[PDB]
Q: 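I'm sharing a structure that contains methotrexate.
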Amino acid sequence: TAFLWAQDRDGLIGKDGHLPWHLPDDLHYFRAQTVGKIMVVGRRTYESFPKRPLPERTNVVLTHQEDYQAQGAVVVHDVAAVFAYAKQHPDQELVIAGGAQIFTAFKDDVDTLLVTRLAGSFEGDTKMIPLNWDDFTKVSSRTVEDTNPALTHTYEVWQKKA
Ligand SMILES: CN(Cc1cnc2nc(N)nc(N)c2n1)c1ccc(C(=O)N[C@@H](CCC(=O)O)C(=O)O)cc1
């Protein structure tokens, strides 16, 4: 279990399913935090991708529908199902990308929280759920600037105390 999402100083994490801004640098970190491991995306995030299914790593789609289809991607509709699939692979980890509906499902199972805090402000309707940052600690933090000042991003890594 590993949370992973990108937000700005306002807390927004997307807009109409697709992102409002464009941070190509963050896309390079997503490919490294997915290839080799198991990717977990919902239905709104699955269609948000341009090329589907996503190669280089396993695809795990979770929705409340029982009539979906995808040649190459895995279609599941049970929390225990996604857990049994992750337990079967000891050399893989469960990465939660989104959307917010999927994050609510894996709320009682998360120790590492990866998030990218930006600097420029943006407008949108998609926001991040209310999490508790008092029972966590930051051990890793790398600031990365981009060509513009509004496209600045900082990779933060929070972890549970015990
Ligand atoms: C909309 N979306 C979801 C998305 C976008 N930004 C994020 N940013 C962070 N920090 N974390 C996430 N989970 C995240 N998820 C996307 C958009 C593009 C690709 C994508 O093309 N990924 C390629 C990147 C390859 C390339 O750069 O060409 C990969 O192989 O993973 C994936 C998810």
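Residue numbers start at 1 and run along the sequence shown. Just so you know, ligand 1 is whichever comes first in the structure, and atom 1 is the first atom listed for that ligand.
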Q: Hey, quick one: which chain has the most contacts with methotrexate (ligand 1) in this structure? I'd like the name as UniProt has it.
A: Dihydrofolate reductase
Q: Which UniProt substrate binders of chain A are under 4.0 Å from methotrexate (ligand 1) in heavy-atom terms?
A: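 Applying the heavy-atom cut-off to the UniProt set, I get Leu4, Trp5, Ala6, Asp26, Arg31, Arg57, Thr116.
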Q: I'm curious whether methotrexate (ligand 1) gets near the natural ligand site - which UniProt methotrexate-binding residues in chain A have a heavy atom within 4.0 Å of it?
A: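 Heavy atoms under 4.0 Å from methotrexate (ligand 1), UniProt residues: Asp26, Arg31, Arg57.
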Q: Write down the UniProt domain of chain A that holds most residues touching methotrexate (ligand 1).
A: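 UniProt domain: dhfr.
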Q: Which residues of other chains have a non-hydrogen atom closer than 4.0 Å to methotrexate (ligand 1)?
A: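 At that heavy-atom cut-off, the residues are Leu4, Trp5, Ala6, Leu19, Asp26, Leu27, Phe30, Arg31, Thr34, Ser48, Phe49, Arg57, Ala97, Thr116.
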